Asks: 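Context: structure of atovaquone in complex with 4-hydroxyphenylpyruvate dioxygenase.
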Number of protein chains: 2
Amino acid sequence: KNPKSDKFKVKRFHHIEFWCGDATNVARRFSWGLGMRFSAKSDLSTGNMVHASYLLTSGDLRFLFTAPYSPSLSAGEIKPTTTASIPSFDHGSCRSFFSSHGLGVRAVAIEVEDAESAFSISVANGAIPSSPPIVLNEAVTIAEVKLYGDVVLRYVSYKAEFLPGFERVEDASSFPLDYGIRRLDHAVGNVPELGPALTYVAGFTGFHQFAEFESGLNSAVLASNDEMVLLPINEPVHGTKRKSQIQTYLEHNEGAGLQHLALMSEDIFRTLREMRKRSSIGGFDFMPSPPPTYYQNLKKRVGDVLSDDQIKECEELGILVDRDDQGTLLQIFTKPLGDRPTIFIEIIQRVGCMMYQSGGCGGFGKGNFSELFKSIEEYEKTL
Amino acid sequence: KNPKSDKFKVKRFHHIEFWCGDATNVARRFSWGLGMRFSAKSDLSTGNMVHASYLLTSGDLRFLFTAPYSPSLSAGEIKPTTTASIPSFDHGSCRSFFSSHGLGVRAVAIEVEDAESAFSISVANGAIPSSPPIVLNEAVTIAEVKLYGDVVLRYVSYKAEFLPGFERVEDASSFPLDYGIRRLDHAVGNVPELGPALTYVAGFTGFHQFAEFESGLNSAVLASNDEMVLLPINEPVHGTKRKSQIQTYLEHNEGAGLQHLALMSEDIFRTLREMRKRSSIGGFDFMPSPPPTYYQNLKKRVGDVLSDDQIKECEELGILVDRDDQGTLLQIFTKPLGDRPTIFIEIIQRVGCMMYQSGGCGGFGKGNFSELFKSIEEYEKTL
Ligand SMILES: O=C1C(O)=C([C@H]2CC[C@H](c3ccc(Cl)cc3)CC2)C(=O)c2ccccc21
Ligand SMILES: O=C1C(O)=C([C@H]2CC[C@H](c3ccc(Cl)cc3)CC2)C(=O)c2ccccc21
Ligand SMILES: [Co+2]
Ligand SMILES: [Co+2]
């Protein structure tokens, strides 16, 4: 059931912004590790005396990395005379965010029909304002409201390449890396209490619950009208045996924040081959693979969707597989992206739900909990 | 003239410590860009609740990358009960350093015969104490004094692998990258006033002036007894036509600090080939190459040291060449390592002065200023 109750016209995920201490080094690591190319910049060389911002792209996926310069470079400026290309940026907020959370997502940006209207309607419906709408070069409008913790939901709207004040990156500096990643599928937050977080966000967006099919947490998913903007939220489940990874996150992050980004690949086998080749030479590490008993049980679950050769290829790369009632999902998780056990990345590919592919095809993998536990039991029995 | 006036026994450069906001991402970028392997760690997985520290090595070169965790993880601890593996570390100092300077060198560490004696003699002779000697697991002693700006000179001494509390990195996580870099040759500071900086440091070390052979700056070099620990210092020259790059550094760094690290390669052609292949895929960029007229003048200067084939190989890679009265120097400079136009790296190889090779063989390249200017004039004439 999709009531299509969006309070303003939402299009697609637009970009994710990381707040960094040094944007150069994080962006270069991510570029190599994920196969994203350098496509735009806003920094001292472009006249920005406030922040250094570097944009990576792969297909439709846009990762922005921003760090502050010394406030002394822009001490004469006021907001009317700022050289910042992102007017919501504030040195104090950025330094406070990073000292509090370390490397993490500051903004989940969605493209909307009219960012000023989205902002007004959102705040009229309970959203906590973070940055009021501002029009950039009479071309783009940007506004921000709080989402959870210190993460903001950023509205972007275009009258008619990233943002004014950003420069195209000279092709000699822009190597065409591509491991197959094509778009952001979903962005997941961790909170202390799921209920109030859901009520708040669904309250001001009109996003509806997406609805699914005991260890770790409780979650739920909010979705836009066409279910292309997907925002899951997790809360911990306390008092288990094995400590909730959601609670570990909240401790090490100093509170709520973005837990993981799920990136859709047009060929998850190629993506995982390319990323795993680079894990020990600057790229990203992946979580430990499930036991072969897990893959020794995949034939009985998705043997009609993947050949035995494709299932053995899943086993080589450590891919997990889950299944909805309309689709099938292939997924895998990285280890945390930075020093703290907080944010990580998921690589995903979905098969089914063709009409274009509808959003959320196959679910989010929650059936992999029971499957993994069964795998462990069976493997211990075979030991 | 080498008066050999060291006030305590100094051995060799031991390590350089960068203070970071996220040590993981900087260390992975540097590892790939420079061809250094991951060899030790001290972090949450080793019981360190205070800081994340990752050690990269290439030959004898040791780069340490450190970032703070949330203070809340170690809120119960006191200095007697600390889980930090580097007892001089302080969350407040590290966050203040990084917000003030961005990514940069916090410590230039030298191995000494007795770090407690070095510290006492240094402070007795004018050094400003930064961290008093502390003995780690009855095995290693570490102490720190201020060097310039917020950079410290760190003394390390061993009774008899990096530091207690650091763990060997599991070989699966430790890929054996190597582009030929083998040791730190020199470490250079930028200061507002050269005279007082020299007086202070030579005052407490007993290091002597190393002594050489109009645009940018004035410099001088302090050296240990065998001239294997080399510490150049630069000051700006004001009132030129083209603004001093030393003054630009001081502005963007918010004051004095470490300007560049010069890394000796056992094969500078292989190193530069390997680093340049990776410049646009996560590694380091190099400064623009001198005009071919420069290389069209190398035969008349070092034609007796390098064949014409080796000189054309210098031209491909953009290497500069200078010459002492005892040796010849091959060198090249990276673009700044991070967001700010502050710290960069120099790759160097020295030929001559065999007895082992004596330190500073060939000088530091200061003759390349005049040579480059002449190159520009000649190239403009040929245009
Ligand atoms: O986005 C996700 C998501 O990524 C998982 C994940 C959690 C980890 C699970 C898992 C990972 C690895 C193994 Cl070996 C077993 C299970 C797989 C599904 C969920 O369970 C989930 C539930 C509800 C809404 C969204 C989501
Ligand atoms: O360590 C150095 C050093 O690295 C340079 C450098 C400065 C930049 C010069 C240069 C670089 C590039 C070109 Cl195209 C021309 C000159 C080469 C020497 C010095 O001039 C110097 C002088 C005195 C003590 C130490 C040092
Ligand atoms: Co997910
Ligand atoms: Co030098």
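Just so it is clear: chains get the letters A, B, ... in the order the sequence lines come, proteins before strands, and each one is counted from 1. All ligand and atom numbering here is 1-based and tracks the order in the structure. Note: hydrogens, waters and symmetry copies are ignored here, and every other heavy atom, side chains too, is used.
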Asks: By ligand number or chain letter, where is each copy of atovaquone?
Replies: ligands 1 and 2
Asks: Okay, with a cut-off of 4.0 Å on heavy atoms, which other chains neighbour atovaquone (ligand 1)?
Replies: A
Asks: Which other-chain residues or nucleotides lie under 4.0 Å from atovaquone (ligand 1), by heavy-atom distance only?
Replies: A/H186, A/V188, A/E212, A/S219, A/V221, A/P232, A/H260, A/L320, A/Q331, A/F333, A/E346, A/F364, A/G365, A/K366, A/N368, A/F369, A/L372
Asks: Going by the atom numbers of atovaquone (ligand 1), which of them fall below 4.0 Å from some non-hydrogen atom of A/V221?
Replies: 24 (C)
Asks: Of all the atoms in atovaquone (ligand 1), which lie at a distance below 4.0 Å from a heavy atom belonging to A/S219?
Replies: 22 (C), 23 (C), 24 (C)
Asks: Among residues of chain A listed in UniProt as binding Fe cation, which lie with some heavy atom under 4.0 Å from atovaquone (ligand 1)?
Replies: A/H186, A/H260, A/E346
Asks: For A/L320, counting its heavy atoms only, list the atoms of atovaquone (ligand 1) lying under 4.0 Å from any of them.
Replies: 11 (C), 12 (C), 13 (C)
Asks: Looking only at distance, does A/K366 have an N or O less than 3.5 Å from an N or O of atovaquone (ligand 1)?
Replies: no
Asks: Decide whether an N or O pair under 3.5 Å exists between A/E346 and atovaquone (ligand 1).
Replies: yes
Asks: Need the atovaquone (ligand 1) atom indices (1-based, order shown) with element for anything under 4.0 Å from a heavy-atom of A/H186.
Replies: 1 (O)
Asks: Which organism is cited as the source of chain A in this PDB entry?
Replies: Arabidopsis thaliana
Asks: So for atovaquone (ligand 1), is A/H260 a polar contact partner (N or O within less than 3.5 Å, distance only)?
Replies: yes
Asks: Going by the order shown, which atoms of atovaquone (ligand 1) are within less than 4.0 Å of some heavy atom of A/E212?
Replies: 22 (C), 23 (C), 24 (C)
Asks: Report the other ligands and ions found less than 4.0 Å from atovaquone (ligand 1).
Replies: ligand 3 (cobalt (II) ion)
